[PDB]
Amino acid sequence: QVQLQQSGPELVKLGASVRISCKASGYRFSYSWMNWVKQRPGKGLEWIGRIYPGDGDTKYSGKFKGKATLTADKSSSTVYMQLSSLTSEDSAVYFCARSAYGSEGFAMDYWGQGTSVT
Amino acid sequence: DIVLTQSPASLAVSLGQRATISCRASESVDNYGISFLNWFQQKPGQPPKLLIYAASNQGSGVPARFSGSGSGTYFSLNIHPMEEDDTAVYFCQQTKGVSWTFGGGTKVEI
Amino acid sequence: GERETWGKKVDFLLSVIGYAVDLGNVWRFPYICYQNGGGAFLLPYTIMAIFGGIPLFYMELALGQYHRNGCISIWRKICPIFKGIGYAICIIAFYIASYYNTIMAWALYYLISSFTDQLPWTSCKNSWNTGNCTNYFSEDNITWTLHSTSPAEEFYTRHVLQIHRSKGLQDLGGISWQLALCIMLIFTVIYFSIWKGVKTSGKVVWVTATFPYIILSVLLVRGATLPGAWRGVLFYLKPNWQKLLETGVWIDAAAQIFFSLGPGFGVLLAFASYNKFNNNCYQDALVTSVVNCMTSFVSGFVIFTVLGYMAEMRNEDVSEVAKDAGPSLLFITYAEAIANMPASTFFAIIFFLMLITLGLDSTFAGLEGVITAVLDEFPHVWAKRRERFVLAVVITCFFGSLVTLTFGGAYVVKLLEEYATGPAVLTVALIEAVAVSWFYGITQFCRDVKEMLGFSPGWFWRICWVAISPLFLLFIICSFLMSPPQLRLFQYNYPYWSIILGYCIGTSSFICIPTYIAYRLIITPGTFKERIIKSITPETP
Ligand SMILES: N#Cc1ccc2[nH]cc(CCCCN3CCN(c4ccc5oc(C(N)=O)cc5c4)CC3)c2c1
Ligand SMILES: [Cl-]
Ligand code: NA
Ligand code: NA
């Protein structure tokens, strides 16, 4: 069984930073992209970025190129994501999803319970 | 950066009526014969449970009710006759391009 | 109305060596070399070269230099009844143009895609890779299971070929437009290289035939410096004399030499039909054949110094790494080797440039042979518009190559590669040899060679031309007609109807000589005996 567990809720301080982690299990994490998506309260999903453990390649949308940076740890099978300059706009629920393989349309099969930073 | 637009932002479909949700990609999401477009469903206060992958292939542990179709630039998620346990928000994500983007979302209700 | 002689002797020499050394020398020679002995495969290889290879090469070079009339019309001075050899060679050339330039287009696509800081066949992070992908060189942590794949094989079969979108020759579906553009560039280069004739084609060859040798030297140095190359070279040369007893090794050696020198294609006739009448063809034939053989040897060294390195990296036997038979040995295997090399993104460029150039001059030579044959046979309509009829030839070659660029186009590459230029070309070469030796006198041919060079060929060459060489050609053709192939490109076992279609391809090329024999016999008057006697002697205008 594939399950992704991430840290608990944090607090949002203006101009502060957080370290949201997503441990992964049940599959060879080093061969699947690890997406992050923001969910504002009362709004829709919003893709944040990408990371491919094993190669370190990361992609970002045109909104988190500097705000969010993704990191991987092959020893602990954990994928982090650092947020900087926390405004009240980025207090939301960040889900850690795991893309499928290229042939499967990169479908985010498995998701984490979601880390709420308020 | 392919913008996805879901025309029916709201579905007031009654029990026993199939609900059609449309997607519109600015560019073609197809590549190597694989339409890069997944459909997601999100209950209130729950992680998005994947529904369809590749715009036609059924998800994992998902009812046969949920069916996806369409190829190229126009895609659909024709949900076989709806019921009370699937009134959720369905999102349209494209995984072609440097930055994958979600759709506008589409809440469904009786 | 004089022939356009070569600007220099080096022009002819470089053109012939560029023709002889082709993409077959790179993947076919080391493959067949280890499959059938290693250093024990070098004893039958050289025996077949000496006894059947050099004789045909030298014979048809001298024939073209003396009669200097190409391929279709040269039989008016040797044996008129066998004029169908030219049309058979034209059909064979059509098929070879159908598939060879598609292979070169694959090479060009790889070269174009290898201009990035990170080569696209290094990781499985890409959008074409499947869930079976695993890093080829990674640690043992990621085992290869029983059906794992490598990033480069998926790059070749899902991004370049897109073979996964087709399920065999039954649905030869869609057309890769990127490969279409690549082949269009290949064909425009080909046209502008040979459109004006031999004067420009002999100067383009100056680079197109010598640059591959520089790239081969640098690649050999790198492969030798790789860790574990000793495994590769030792597995390449370690003789297996037990494998020598079976006739299969000799069969493969003879076929390899014949298809490597490339006699019987009408292109050596076209090349030799331009250099001076008193030029020395014996010496240049010998040196060109030796150069071709040594080039095959060194290319095998280059391939195996990297095969052994890759085997050492995975801690596996070299035998488990080289099962890739054909172009997959260069687009999947050597591509994987390059992706992990220290100074990658530069070895890929030069490797694929060597591939493209060493295919480009074999294409020039074949197309020029066909063009020379047709121009010589029809000087009243052609030979004024040399620029034209090369545009037409290139256009028809591209049109025939379109089916090979489809998504299931690698299957067509392999079907044409095995049946086109199969027992069709071998029978053509056998008929040419018998027409020059038995029908056309051998004493007469040796007198012609003496008048051309200054000495009659020795008894060895006479015996080889008369008996040994046609006998070996017949031994190769009899081998092929006994065994029906079991083509299998990428987990696709070919159907029986595909084998029948391949036999139909073989028939189509060879259904020219018998039909022309029948037509010529019908045309000439008189009883049958005098009908054949008249049709057998040269016209002698
Ligand atoms: N455009 C164009 C064009 C047009 C007209 C042309 N005539 C000539 C050309 C040169 C282009 C390469 C064609 N060669 C390459 C090798 N191939 C081959 C080698 C070794 C082998 O060994 C065995 C065995 N059974 O062991 C079997 C077997 C088969 C045979 C065909 C040309 C190009
Ligand atoms: Cl060879
Ligand atoms: Na060759
Ligand atoms: Na060549």
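Chains: A, B, ... assigned top-down by sequence line. Residue numbering for chain A follows the PDB entry; the residues present correspond to positions 20-137, in that order. Here chain B follows the PDB entry, giving residues 21-130 in order. By the numbers in the PDB entry, the shown part of chain C spans 77-617. Excluded from the calculations below are hydrogen atoms, water molecules and symmetry mates; all remaining heavy atoms, backbone and side chain alike, are included. Header says: electron microscopy, 2.8 Å. Counting starts at 1 for both ligands and their atoms, in listed order.
With vilazodone, raltegravir, perifosine, edaglitazone as options, the drug found at ligand 1 is vilazodone. In this entry, more contacts with vilazodone (ligand 1) come from one chain than from any other, and UniProt calls that chain Sodium-dependent serotonin transporter. Contact chains for vilazodone (ligand 1) (heavy atom under 4.0 Å, other chains only): C.
The site surrounding vilazodone (ligand 1), defined by heavy atoms under 4.0 Å, contains C:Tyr95, C:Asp98, C:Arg104, C:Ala169, C:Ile172, C:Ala173, C:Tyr175, C:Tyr176, C:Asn177, C:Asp328, C:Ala331, C:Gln332, C:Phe335, C:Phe341, C:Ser438, C:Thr439, C:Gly442, C:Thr497, C:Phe556. Nearest protein heavy-atom contact of atom 23 (C) of vilazodone (ligand 1) is C:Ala331 CB, 3.8 Å.
Protein heavy atom closest to atom 26 (O) of vilazodone (ligand 1), with residue, atom name and distance, is C:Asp328 OD1, 3.3 Å.
With a heavy-atom cut-off of 4.0 Å from vilazodone (ligand 1), the UniProt transmembrane segments of chain C in contact, counted from the N terminus, are numbers 1, 3, 6, 8, 10, 11. In the deposit, the organism given as the source of chain C is Homo sapiens. UniProt's Na(+)-binding annotation for chain C and the heavy-atom shell under 4.0 Å around vilazodone (ligand 1) share C:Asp98, C:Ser438. At a 3.5 angstrom cut-off on N or O pairs, C:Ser438 does not count as close to vilazodone (ligand 1).
Closest to atom 30 (C) of vilazodone (ligand 1), if we only count protein heavy atoms, is C:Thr497 OG1, 3.5 Å. Under a 4.0 Å criterion applied to the non-hydrogen atoms of C:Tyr175, vilazodone (ligand 1) contributes the atoms 13 (C), 31 (C).
For atom 18 (C) of vilazodone (ligand 1), the nearest protein heavy atom (residue, atom name, distance) is C:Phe335 CB, 3.5 Å.
Here's the thing with C:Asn177: one of its N/O atoms is less than 3.5 angstrom from an N/O atom of vilazodone (ligand 1).
Result for chain C: of the UniProt serotonin-binding residues, vilazodone (ligand 1) comes within 4.0 Å (heavy atoms) of C:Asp98, C:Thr439, C:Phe556. Of all protein heavy atoms, the one closest to atom 15 (C) of vilazodone (ligand 1) is C:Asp98 OD2, 3.4 Å. Of all protein heavy atoms, the one closest to atom 7 (N) of vilazodone (ligand 1) is C:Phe341 CD2, 3.6 Å. Of the protein's non-hydrogen atoms, the one nearest atom 6 (C) of vilazodone (ligand 1) is C:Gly442 CA, 3.6 Å. Among all protein heavy atoms, the one lying closest to atom 3 (C) of vilazodone (ligand 1) is C:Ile172 CG2, 3.8 Å.
Ligand-side atoms of vilazodone (ligand 1) in range of C:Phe556: 25 (N), range being under 4.0 angstrom from any heavy atom.
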